[PDB]
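Caption: apixaban together with De novo design apixaban-binding protein: apx1049, bound form.
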Amino acid sequence: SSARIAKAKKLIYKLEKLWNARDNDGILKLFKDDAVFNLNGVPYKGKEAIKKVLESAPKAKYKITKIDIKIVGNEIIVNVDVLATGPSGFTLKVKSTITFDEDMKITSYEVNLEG
Ligand SMILES: COc1ccc(-n2nc(C(N)=O)c3c2C(=O)N(c2ccc(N4CCCCC4=O)cc2)CC3)cc1
């Protein structure tokens, strides 16, 4: 249970590298096959749907600035404050809520782009 908190912290920084590397194949492997990707209010359920959003994600570099890990039941809730940089230098304070289960696989992944 304590290792799960540490595993979650490492998987967040791993996700940051995969996102900036556009390793969409690797990103999916941490996802449960029936996970939900809530992209600013629009949920995308299923590996095939989460995928299509990954390769359609805009060209952007991400830097983690704050990580909060909460435990609710048997699920690891990770709230990540991210700064997303576009090629034009446009910077947006985005927020992500990632949920892990016992298998350390992502069950829910919500990206908030409003602020
Ligand atoms: C320049 O400003 C922007 C604005 C919007 C967008 N934008 N567009 C989409 C889309 N229309 O698909 C998505 C994003 C985004 O910001 N996404 C993301 C959010 C957060 C993370 N990170 C960082 C690593 C660890 C935690 C974590 O969750 C990784 C990717 C994916 C989706 C980009 C740039």
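Index from 1, following the sequence. What's counted below: heavy atoms across the whole structure, side chains too, no hydrogens, waters or symmetry copies. For ligands, and for the atoms within them, numbers begin at 1 and follow the listed sequence.
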Which parts of this structure should be attributed to apixaban? ligand 1
Atom indices of apixaban, in the order listed, that fall short of 4.0 Å to a heavy atom of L113: 5 (C), 6 (C), 7 (N), 14 (C), 15 (C), 16 (O)
Need the apixaban atom indices (1-based, order shown) with element for anything under 4.0 Å from a heavy-atom of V82. 22 (N), 23 (C), 26 (C), 27 (C)
Quick check on contacts: which atoms of apixaban are under 4.0 angstrom from a heavy atom of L92? 2 (O), 4 (C)
Show which atoms of apixaban fall inside a sub-4.0 Å distance from at least one heavy-atom site of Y109. 21 (C), 22 (N), 26 (C), 27 (C), 28 (O)
So if I count the atoms of apixaban from 1 in the order they appear, which ones are less than 4.0 Å from some heavy atom of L39? 10 (C), 11 (N), 12 (O), 13 (C), 32 (C)
Can you list the atoms of apixaban that are under 4.0 Å from a heavy atom of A84? 1 (C), 34 (C)
Subset of apixaban atoms that lie under 4.0 Å from at least one heavy atom of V111: 19 (C)
Within 4.0 Å (heavy atoms only), which residues surround apixaban? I12, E16, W19, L39, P58, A60, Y62, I64, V80, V82, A84, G86, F90, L92, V94, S96, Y109, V111, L113
